[PDB]
Colleague: 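The structure is given below, and queries will be raised subsequently.
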Amino acid sequence: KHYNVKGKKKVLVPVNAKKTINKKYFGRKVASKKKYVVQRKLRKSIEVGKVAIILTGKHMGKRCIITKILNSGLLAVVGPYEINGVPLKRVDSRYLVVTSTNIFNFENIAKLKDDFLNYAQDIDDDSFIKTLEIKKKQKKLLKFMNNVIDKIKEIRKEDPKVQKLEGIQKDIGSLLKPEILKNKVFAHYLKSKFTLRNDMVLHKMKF
Amino acid sequence: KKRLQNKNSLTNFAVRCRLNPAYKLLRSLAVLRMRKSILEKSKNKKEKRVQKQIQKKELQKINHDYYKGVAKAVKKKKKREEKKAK
Amino acid sequence: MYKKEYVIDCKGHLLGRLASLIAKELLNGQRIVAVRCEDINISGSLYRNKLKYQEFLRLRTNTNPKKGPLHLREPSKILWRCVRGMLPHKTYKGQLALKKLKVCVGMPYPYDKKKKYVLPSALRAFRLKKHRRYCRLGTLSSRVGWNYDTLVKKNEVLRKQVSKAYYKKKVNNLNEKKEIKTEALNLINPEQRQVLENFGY
Amino acid sequence: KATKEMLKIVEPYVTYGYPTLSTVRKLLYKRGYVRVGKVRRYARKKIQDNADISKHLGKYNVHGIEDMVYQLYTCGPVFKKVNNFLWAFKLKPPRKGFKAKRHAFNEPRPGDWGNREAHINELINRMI
Amino acid sequence: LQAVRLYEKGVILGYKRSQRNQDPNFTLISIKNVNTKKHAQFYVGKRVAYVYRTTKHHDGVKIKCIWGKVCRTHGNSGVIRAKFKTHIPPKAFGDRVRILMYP
Amino acid sequence: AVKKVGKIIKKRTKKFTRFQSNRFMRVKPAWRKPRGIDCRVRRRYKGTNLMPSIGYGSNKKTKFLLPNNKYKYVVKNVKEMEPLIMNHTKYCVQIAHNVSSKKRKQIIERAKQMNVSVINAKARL
Amino acid sequence: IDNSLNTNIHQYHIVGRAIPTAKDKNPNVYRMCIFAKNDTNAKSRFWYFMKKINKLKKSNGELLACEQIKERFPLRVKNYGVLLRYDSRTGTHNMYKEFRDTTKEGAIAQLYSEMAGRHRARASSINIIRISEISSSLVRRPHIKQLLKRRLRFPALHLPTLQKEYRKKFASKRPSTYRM
RNA sequence: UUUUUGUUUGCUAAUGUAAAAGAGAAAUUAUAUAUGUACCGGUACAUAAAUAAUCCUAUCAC
RNA sequence: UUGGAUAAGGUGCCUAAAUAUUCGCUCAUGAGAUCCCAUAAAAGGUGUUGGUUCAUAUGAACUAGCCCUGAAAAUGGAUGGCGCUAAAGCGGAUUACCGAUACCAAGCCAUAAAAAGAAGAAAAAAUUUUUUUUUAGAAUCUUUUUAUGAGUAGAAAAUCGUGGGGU
RNA sequence: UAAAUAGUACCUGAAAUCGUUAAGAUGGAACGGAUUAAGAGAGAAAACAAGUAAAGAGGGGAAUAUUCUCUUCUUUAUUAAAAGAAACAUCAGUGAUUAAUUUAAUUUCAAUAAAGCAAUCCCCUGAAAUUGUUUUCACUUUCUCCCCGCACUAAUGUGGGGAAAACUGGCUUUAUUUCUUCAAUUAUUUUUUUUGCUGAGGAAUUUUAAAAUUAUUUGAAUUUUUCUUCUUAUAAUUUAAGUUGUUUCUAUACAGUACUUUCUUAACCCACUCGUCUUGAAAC
Ligand SMILES: O[C@H](c1cc(C(F)(F)F)nc2c(C(F)(F)F)cccc12)[C@@H]1CCCCN1
Ligand SMILES: O[C@H](c1cc(C(F)(F)F)nc2c(C(F)(F)F)cccc12)[C@@H]1CCCCN1
Ligand SMILES: [Mg+2]
Ligand SMILES: [Mg+2]
Ligand SMILES: [Mg+2]
Ligand SMILES: [Mg+2]
Ligand SMILES: [Mg+2]
Ligand SMILES: [Mg+2]
Ligand SMILES: [Mg+2]
Ligand SMILES: [Mg+2]
Ligand SMILES: [Mg+2]
Ligand SMILES: [Mg+2]
Ligand SMILES: [Mg+2]
Ligand SMILES: [Mg+2]
Ligand SMILES: [Mg+2]
Ligand SMILES: [Mg+2]
Ligand SMILES: [Mg+2]
Ligand SMILES: [Mg+2]
Ligand SMILES: [Mg+2]
């Protein structure tokens, strides 16, 4: 579904009304009268195999390759764990500065694109959001120090969705790694963290 | 009636349409105009040039005439000055 | 003005403008060391400047000159005063800014080994037409009783020799580095080398 | 003639000129507020809908904003009434600012209060 | 190297101001090597954080931060106005601020 | 400044203190409106105390709502408690300052039965 | 196109005439070029001039035509002679000045500045009486004659006007005004 | 001096920073020219001439 | 109240905004610096900068800008200060910007006026039925709309509090 | 003694003023307002958890003494949810940016590569014989050449006097326009890159009706067009018909260093003793 007003063609996505609001002089009603919310529509630089810098996460500054446009707007990113250390990580388009460099532009890695695409497709949206039960379990560990952390980690590992995600990541790494390694400079770049220095003006940067 | 927003007509397409119904047609026309390829426009330029010649000449004559008049005026002024001096 | 401490070489500058430049920076939040304050130039003719100074001196407090306008006659001191004038020094922020400024005659202990900066929008060579009269601040100071001018000059001269010595060594080092670079450019990797060449290095 | 005289009398306090059609339309659209109610109790209501003006200006064969705009542009059979109906356009200050409100537009130095016949539209656009 | 920058450095200057009228609603920010209006505009949507240290711990820490949005450029010389979640303390007037790369 | 919490907007959290109440003991903070020539406050010079004015008033809709969103109702007795049986989500009980402890306890008990909030349950607790 | 260099003085050909009357069916039409910043200003100037010269006022006449004249060869250096009438604080004077420029409008702009600067003559107080292109054999003013030199050459002693990007208040090494 | 943990009866364990995120950068001098170098301030030869629009220094964990 | 955009004025720093651009003019051994405004004159000037009129590239006479002289009072001293001369001076022009409680857009408060008013299930959460909220109708009242809001002397209205009385 | 900080100056015991303690501040006032801040106190009635279950302590009401049911506190655990604050996204309102775009109109142009046309010539512009017009000589280069000065120049040149040409320029052409041009300023239009602030209200029939949009269906039109328009009919949607959604966080908390708020100093900016008579009071 889409609407084409003034020549924009905006594309609609079905949404659910969650918030309830008190009526003027009787019983409450749902806040949203609208049933379809216009899709995000990402910038004209976000692709499928470009390398991006994560600005805000724990892996702050790491250079990770983009994976899947994850339909919910925010995209999936991987810095092939066995090379960069970035896991199968969901991220918003804003918290990633995408570089003009594309992986599938290199002569060596371009041939393994279809497989990558397939893998990306296989990854889903609901496989990221942790179900409440897991959260509850995690919380339950609060009531020594490092032991608690360990327990939390274990719990995280246990999650079936999480396991699946991990597996997917591993598969991706297997697919991609050797080629990346072979392009040594590229590999190094992938590994390294992007840092601003006393010469990099940012506003004149075309990266 | 409870006042709602006050919706910009010039932008909010629907509102604009409501205000002025024929507007849609106009918009369509504009779009169509925008559409046409630049080659045609380029071609038309030659035609325009061809058509313009006489007009251009006329314009030149007019402007030339004006210039001449100005010159004459200047000359007259000079003459007057000379006379005064004398 | 995002540096830790800016050392400003005050030679060849035009006083008031320089002061103005300093003041804003100070306000913003920058430690400024105005060094070599004997060679700051004033845009008026020397005599005129002297006269002005005299006039200033004359305006003292009538009841008790222990208070009132302190006529600090050291060039650095003068500069400092000027800077203060262009500041809201009666508040707290202003005071802080003032404190942040440090003025020196010639070059002392640490500010010989630190990089000396120049303010191009305040230079005498860029702000005065070369048919107008200018005045060296040190000379002015001497005229209105400073005494320690010759000594300062001598010190400066001495320092210059040292600088020259150091400079020679630096030059040599640079040359060596260049040589090394030349040698090693062939020892890297072809593509990498090419890339380096492309990007100027 | 009378209008002209009036303008002259208040020349140094106003800027005026010939509005051009597009500008007028714009004014009607973004800044066009209208008086809706029984005479002397008006209420400043933004147009938005044609039924809002079709009640008062229905007798004079001018339904819709477009008609009103047309009337404004060229003094038709019914223009004065339309003008009356329209609330005084509460405009912004110019986005690039005035030259000088004290001096005239016709003054050789930068000014404003003259009869800017062809630049009035521009001014309006700036302050729309 | 321990720790990665990823932000442009800045100085949280005065409030938006007349000659003698305050306006605490906007702060003025000087961004390192940006000297013109055009350059300033690049940073317009970026997020700004004033991070500061305190003696008493709070959410278990000595460092807290106030966030802002960067609203508009400010006059010819690359300065920008920033609006913050809560107004900045004027103790901050000579302090450093961070302008992040996100949005 | 303004103090938004929920939809509850408070325009002026600061109390308007009497002019010079801070200068002479004999002048209490309780707002009094200054009269007479040369007031400075009356004249509204920059930098002085402000004058309370009708602009400051809270939206007709949320006015006497407390942070809880319930209008406070003072309660001296069970009988009074009763008018709010059909209003537990809109009025919240405060027990009168002069109520004896037993009576207060009783009132509290009643409130709990009614599901009505008590804003001062802890007095003499 | 540059928007900092431009001076918005244009030249307008204006034609107008007094409204016809029963007693004077065939009035006389008057034309002039007027140097002014916009078209309305030009018109006003024209009206003023009419008032000064003949019995005519804007109220009893009508503008017949307003043209706006663009320079025909806006990239050809030309030597302009100008005649002016100006008012000082002490009285009124006629004068002739010469300006080497690329358009009449530009010359006018130059002239206005010159009068402002050298005589403290404000725009209001000046009346341009004729600007015409002078051949190089009739150049009377030395500051224009000099320019008209054969293979003219001069060095560039002017101070660099850096862009407010590459303008910094702290400099590494003391800049040089010498250049070359 | 090095290490560890901390500064989460008026007291007797104890916190503060107008400014860390690479807060990097030592010729000198002239401004209608300077700097070296080599001889005897002079001569000859180089060299800077948008000079921080630069250079240096980063990420190569195990 | 929030955001915007201006006005007068400014934009070297104090001081938010130009050491902006652009063309001139000024050097002062007591420069000059913007309405009211906080003063300067007659008369000069082979100071420089333009001009005009004349004469044979000089000699005149004039003329007007800036500048200089004329220009001397008492506490110390005041373009507001610092300072400023390729101005940050004077006269322009060109942009850009900053800049009010003025303007615009939005909210809320009051006042004024205007519309208008003597019957009914909505949703969510649970698991087809329970639970959670409301389920309005107070005429100086309720709902909505628009405009407006300075104020001494003064007038009025609505409230608020104190001592007692009947209820 | 119930109570002596009810001890006969005796009920309550305010303020000024003073003492002790603590905290803080302090360069010729102090206080204050506006806005934060860091402290230091306070707090939970929005600032999370309804209910369900197991079993204690209580209380009730009803049905016809003891069945039922309603509950308030305690607990062991057990799932909500909502609520605010973020962040991002989507609208809409109002703005700030940097790119543009339509058909025009207004003596614009500029290249292209072949023909030419005239040499003080041409587009022009001068000086001369009320507008148009006739002719007069005046005006371009040059790294060209000659003669004089013989390197005389700021100049890798030159002062002067002369020659040359059409490379330069100008015009006239034949075509050409992404090699480069297609301006500028209005006219009328159509977008777009970033983006800041705002979200009021809650519509028992004007939160409808229409507009718009999507997929269909009938008939037309000259603007032959995947946004072509009207219109016959049907569903849906939002650009209508003022902000909702997603994910965090507070937090699986009962108060903590978080959150609220009172006080406290700071700090930036401002702020002159009130009353009073007065044209006018901060008034020496
Ligand atoms: O501002 C002028 C001035 C002052 C002083 C200072 F106060 F620093 F000594 N120095 C000045 C100088 C200085 F000598 F360069 F410092 C030159 C011109 C004027 C000066 C004086 C002040 C009194 C009135 C005008 N002349
Ligand atoms: O106007 C009706 C009405 C009727 C009657 C009755 F007829 F019973 F006396 N009395 C009313 C009253 C009443 F008089 F107070 F009883 C007030 C308001 C409306 C009334 C309203 C109509 C709406 C529903 C409530 N009664
Ligand atoms: Mg202005
Ligand atoms: Mg008075
Ligand atoms: Mg008084
Ligand atoms: Mg405002
Ligand atoms: Mg502005
Ligand atoms: Mg400033
Ligand atoms: Mg001075
Ligand atoms: Mg100034
Ligand atoms: Mg009033
Ligand atoms: Mg007792
Ligand atoms: Mg007692
Ligand atoms: Mg008693
Ligand atoms: Mg007693
Ligand atoms: Mg040719
Ligand atoms: Mg709402
Ligand atoms: Mg003050
Ligand atoms: Mg009197």
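Protein chains get the first letters and strands the later ones, always in sequence-line order, with residue 1 at the start of each. Whatever order the structure lists ligands and atoms in, that order sets their numbers, starting from 1. Per the header: electron microscopy, 3.2 Å. Excerpt of entry shown; contacts counted in excerpt. The figures that follow rest on heavy atoms only: side chains count, while hydrogens, waters and symmetry mates do not.
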Colleague: Looking at ligand 1, what drug do we find there?
Modeller: (11R,12S)-mefloquine
Colleague: Name in the PDB entry of the chain with the most heavy-atom contacts to (11R,12S)-mefloquine (ligand 1)?
Modeller: 60S ribosomal protein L13, putative
Colleague: List the other chains that have a heavy atom under 4.0 Å from (11R,12S)-mefloquine (ligand 1).
Modeller: C, I
Colleague: Tell me the name listed for RNA chain I in the PDB entry.
Modeller: 28S ribosomal RNA
Colleague: Give the other ligands and ions closer than 4.0 Å to (11R,12S)-mefloquine (ligand 1), with numbers and names.
Modeller: ligand 9 (magnesium ion)
Colleague: List the residues forming the binding site of (11R,12S)-mefloquine (ligand 1), heavy atoms under 4.0 Å.
Modeller: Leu15(C), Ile42(C), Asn49(C), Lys52(C), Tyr53(C), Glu55(C), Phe56(C), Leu59(C), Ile78(C), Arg81(C), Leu140(C), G77(I), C82(I), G83(I)
